[PDB]
Asker: 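Hi! Got a PDB file here: sisomicin bound to Aac(3)-IIIb protein.
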Protein chains: 2
Amino acid sequence: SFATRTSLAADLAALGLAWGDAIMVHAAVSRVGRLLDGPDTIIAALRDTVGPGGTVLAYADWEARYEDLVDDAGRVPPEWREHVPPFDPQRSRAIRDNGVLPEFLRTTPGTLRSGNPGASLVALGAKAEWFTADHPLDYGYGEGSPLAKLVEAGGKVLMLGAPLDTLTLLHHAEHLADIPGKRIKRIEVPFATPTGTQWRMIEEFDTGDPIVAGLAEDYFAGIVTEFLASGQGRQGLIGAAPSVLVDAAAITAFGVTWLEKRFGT
Amino acid sequence: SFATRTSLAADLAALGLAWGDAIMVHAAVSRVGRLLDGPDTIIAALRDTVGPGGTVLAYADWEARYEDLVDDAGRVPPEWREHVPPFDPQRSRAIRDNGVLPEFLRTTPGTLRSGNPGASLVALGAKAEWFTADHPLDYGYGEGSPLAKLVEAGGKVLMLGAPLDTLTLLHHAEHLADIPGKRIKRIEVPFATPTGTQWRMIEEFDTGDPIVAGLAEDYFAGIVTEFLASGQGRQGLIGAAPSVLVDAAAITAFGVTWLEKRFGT
Ligand SMILES: CN[C@@H]1[C@@H](O)[C@@H](O[C@@H]2[C@@H](O)[C@H](O[C@H]3OC(CN)=CC[C@H]3N)[C@@H](N)C[C@H]2N)OC[C@]1(C)O
């Protein structure tokens, strides 16, 4: 009748989560069942399973409701500029679109938050420094990004009952894919500085839709499904939530190959 | 089309919130309208209106799902004791039942959280230290409590679209009322200490139901309505939210008189 940090940690180990791992989690908290400590049960269970040498990560993004106001160049009209709350990595909230866990992780003491607002990750544990450091402001899903560092460190991604098309790391595969017609997003972003608000234009491949035309909006889920069908990754219950645990490097390489086989040369 | 930190602060001033006030807030965030910065717009507007000499407060309580497991004496069964997350004033989440604003305020840098878990308040501003110090663990809605200090400080309570029966300060009027048949609650509470988890029995007047039998659950709303009908307190719009602003000392005395005239002598 109550899942605990102990029972979830047992389920996470059974799924394959290992001591010392860097684990990025996408959680559908309601699907886990009744939790004794609410969403913090999940965070605590992940820390217990990877141990103090491990790191727990989540896709933070930022709640920035102002995008409904920008013009044709992605710039904020002058009458609205000073009313837009600037981005502060330590104070700006994580987005709500994909659940409350990223914000809960962000407000856990010790958690660090990377500097690219729309692509920001939160990290808590031994490698939090490094995972959140020097997030490039342009093409924040590409080289030198926290997602790239997750691949480089041999990290893992856990879909904890979350829809499989919300696996943020596959946007890093989209960035790396050598294919034509990649869609681009440009938008002005306000940053909080010790001297005041500083505006900057951000450019990246658009992650609000598939990177190229001819793909269903939810096509990431099919890539993960084919990934599991090929004998890679693990499936199992975390609490009451059907969950998927995949290797970050392997799913990235699989995603890049998937796109280059259908749209490259 | 967008309520801002500037517009909300103007609405608060028009309603009567003043420079230097100590203001306790109960908010229905969705009723305020379209917010550029989400719930933090409300918090910022409140701080702008009262200034650095004022204090912004909210009823935190704490997330304690283990109460479903206690026996008739309020004690946690031994098989569950080790698994119940202990209370940490700086890390335990605010209860989510009455909206997210208390939790957002709790995670605002500088905010302090008082030590009585079930009765805890968060406070942010000049008098945060004083409001949250030495919260008595027994009868935490009574003498020496943060609610008592709000009356002592000449504070105010703002119902920002929130249902009028959620005005926590009226539990302090319940505590002060010289009436017979007051219901009492006893429950075991785990505290986080530098020594480990320390369990303590907490006793208070029951705030989960009216202080005496024969009262509608929502009778607090009738008291507030009568208070306004008598010509006290102010009503007005904060954004799109119908709001009520009352003097903390005046509504407490009014509530005590209301109870002592219908019960007791
Ligand atoms: C700058 N902040 C934001 C920016 O980061 C980005 O967010 C992306 C998000 O929409 C994508 O969601 C799409 O897929 C699904 C499937 N549940 C739901 C809604 C769909 N639109 C998500 N997969 C990847 C996010 N990076 O675009 C919006 C923004 C406000 O500009």
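Letters A, B, ... label the chains, following the sequence lines from first to last. Since chain A takes its numbers from the PDB entry, the residues it shows come out as 7-271. Following the PDB entry, chain B shows residues 7-271, kept in their order. Remember, it's 1-based here, ligands and their atoms both numbered in the order they're listed. Looking at the header, which is where the method is noted, we find X-ray crystallography, 2.3 Å.
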Asker: I'd like to know the other chains touching sisomicin (ligand 1) at heavy-atom distances under 4.0 Å, if you can.
Answerer: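 Going by heavy atoms, that would be A.
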Asker: Give the residue, atom name and distance (to 0.1 Å) of the protein heavy atom nearest atom 6 (C) of sisomicin (ligand 1).
Answerer: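 Scanning the protein heavy atoms, the shortest distance from atom 6 (C) of sisomicin (ligand 1) goes to A:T213 OG1, 4.0 Å.
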Asker: Which is closest to atom 20 (C) of sisomicin (ligand 1) in terms of heavy atoms, A:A168, A:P216, A:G214?
Answerer: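 Checking each option, the heavy atom nearest atom 20 (C) of sisomicin (ligand 1) is found in A:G214.
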Asker: Strictly less than 4.0 Å: does any protein heavy-atom distance to atom 31 (O) of sisomicin (ligand 1) fall in that range?
Answerer: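 Neighbour list for atom 31 (O) of sisomicin (ligand 1) includes protein heavy atoms (cut-off 4.0 Å).
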Asker: Should A:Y65 be counted as touching sisomicin (ligand 1), given the test is an N or O pair under 3.5 Å?
Answerer: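 Among all N and O atoms of A:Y65, at least one is under 3.5 Å from an N or O of sisomicin (ligand 1).
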Asker: Could you tell me whether atom 9 (C) of sisomicin (ligand 1) has a protein heavy atom closer than 4.0 Å?
Answerer: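 No, no protein heavy atom sits under 4.0 Å from atom 9 (C) of sisomicin (ligand 1).
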Asker: Output yes when the distance from some N or O of sisomicin (ligand 1) to some N or O of A:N104 is under 3.5 Å, and no in every other case.
Answerer: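 A:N104 vs sisomicin (ligand 1): no N/O contact under 3.5 Å.
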Asker: Going by heavy-atom distance to atom 15 (C) of sisomicin (ligand 1), choose the closest among A:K191, A:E223, A:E69.
Answerer: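 The option holding the nearest heavy atom is A:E223.
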Asker: Please write down residue, atom name and distance for the protein heavy atom closest to atom 17 (N) of sisomicin (ligand 1).
Answerer: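 Protein heavy atom at minimum distance: A:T172 CG2, 3.9 Å.
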Asker: Considering only the protein, which heavy-atom contact is closest to atom 16 (C) of sisomicin (ligand 1), and what is its distance?
Answerer: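 Its nearest protein heavy-atom neighbour is A:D171 OD2, 3.4 Å.
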Asker: Determine if the distance from atom 1 (C) of sisomicin (ligand 1) to the closest protein heavy atom is below 4.0 Å.
Answerer: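 Yes, at least one protein heavy atom sits under 4.0 Å from atom 1 (C) of sisomicin (ligand 1).
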Asker: Counting each atom of sisomicin (ligand 1) from 1 as listed, which ones have a heavy atom of A:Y147 under 4.0 Å away?
Answerer: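 That gives atoms 26 (N) of sisomicin (ligand 1).
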Asker: Give the residue, atom name and distance (to 0.1 Å) of the protein heavy atom nearest atom 24 (C) of sisomicin (ligand 1).
Answerer: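 The answer is A:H177 NE2, 3.5 Å.
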Asker: Should the proximity of A:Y72 to sisomicin (ligand 1), defined as any heavy atom under 4.0 Å, be assigned to the side chain, the backbone, both, or neither?
Answerer: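 Looking at A:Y72 and sisomicin (ligand 1), no heavy atom falls under 4.0 Å.
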Asker: Would you mind checking which non-hydrogen protein atom is closest to atom 3 (C) of sisomicin (ligand 1), with the distance to 0.1 Å?
Answerer: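 The protein heavy atom lying closest is A:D67 OD2, 3.4 Å.
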Asker: Closest non-hydrogen protein atom to atom 29 (C) of sisomicin (ligand 1), residue and atom name please, with distance?
Answerer: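 Result for atom 29 (C) of sisomicin (ligand 1): A:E73 OE1, 3.9 Å.
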Asker: Just wondering, which residues come within 4.0 Å of sisomicin (ligand 1) on a heavy-atom basis?
Answerer: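 On a heavy-atom basis, the binding site is A:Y65, A:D67, A:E73, A:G124, A:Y147, A:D171, A:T172, A:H177, A:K191, A:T213, A:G214, A:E223.
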